[PDB]
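Heads up, this one has diminazene in it.
For reference, chains are lettered A, B, ... following the sequence lines as listed. Numbers in chain A track the PDB entry; the residues on display, in order, are 2-187. Residues 2-187, in that order, are what chain B shows, numbered as in the PDB entry. Both ligands and their constituent atoms are indexed starting at 1 by order of listing.
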Number of protein chains: 2
Amino acid sequence: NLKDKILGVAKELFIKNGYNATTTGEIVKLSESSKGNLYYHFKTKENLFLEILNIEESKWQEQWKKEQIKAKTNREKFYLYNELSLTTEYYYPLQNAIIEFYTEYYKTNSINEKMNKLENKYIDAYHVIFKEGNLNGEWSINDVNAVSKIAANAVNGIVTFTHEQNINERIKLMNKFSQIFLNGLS
Amino acid sequence: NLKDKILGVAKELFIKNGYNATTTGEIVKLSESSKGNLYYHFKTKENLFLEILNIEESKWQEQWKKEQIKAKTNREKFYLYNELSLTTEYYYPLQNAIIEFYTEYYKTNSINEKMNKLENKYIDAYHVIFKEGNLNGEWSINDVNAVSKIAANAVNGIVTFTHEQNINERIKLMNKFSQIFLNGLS
Ligand SMILES: N=C(N)c1ccc(/N=N\Nc2ccc(C(=N)N)cc2)cc1
């Protein structure tokens, strides 16, 4: 709990003021903890942030798990998951601190390491969809892992580098993509 | 040179660090110049940055012109463009910085105007490729502009969120993408 309290307050601090501006000092006092406790649990702000990202990652899976029920077939799960990724991030408060964190620790392979363990989790989503899709003759892919890293990053790029147009156009495009992509698998 | 020497340093700081990560003070102190210098050419930081992007963009589209000749069909031009994006030292290595600048300056329409004019060069390459492919009868695209934006963004995605993996593993994925994508266009 004192650990959970820290992660909760930290999450809010990062949202209201960003990664860089937020100090462990603030986190320490606001969660009524201590530098020692914070160190014992996370060692560094970087690690603390990675753990928040971890928790967020879990919630996203939990969400997806109950959200994918609206998609009977994997084809649909592909469509839905990509659309969800696009819409939910449009209003994800932590997104900014993440940008800040990423573009701040992508030079050090230290933190860059644990981040892939994290990204892998986001790719599993696809992995499952593509594997499951195979065992249902929805398509036939022999290099799942591959196609999965692709869908993951292709989708993230569409979500990340299309910031300017109205939300409908985006969803329209993202869907066009899921269509094209799922078609090139046949 | 002077102006051109600034652009050179800034370009490095924007990559080696980030948009926000680097300030007008750094660029100056690390160029033997002084504060009250940048004006007629570099009035503001957002101006200096947008300038760098303009450069890198044109240096890349040019390299592509002097390299796409090795691709007889447009099908091959697509693969080729996507592969090179992984190896070039232009534009793409500044995507991280762009992301920040785009999510922290997409309000003042004074930017989104010029900022988006730069987004047309980005998707143009695919525009030409996809459009020409229609004439060359290699495929049948109706919503070229959409596909171009989609391909462009999808690719930037595979390029940006994999910069920490075996450079050849990347080429591999990217090629699998190009394959998957084009096969979907028909
Ligand atoms: N195949 C991967 N390594 C991979 C998989 C999933 C993934 N997901 N998101 N990545 C990601 C990367 C950067 C940002 C950002 N700060 N703009 C946001 C998200 C990123 C990378």
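Taking the chain with most contacts, the partner of diminazene here is, per UniProt, HTH-type transcriptional regulator QacR. Counting only heavy atoms under 4.0 Å, the other chains near diminazene are A, B. Binding site of diminazene, heavy atoms within 4.0 Å: A/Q96, A/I99, A/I100, A/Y103, A/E120, A/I124, A/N154, A/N157, B/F162, B/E165, B/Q166.
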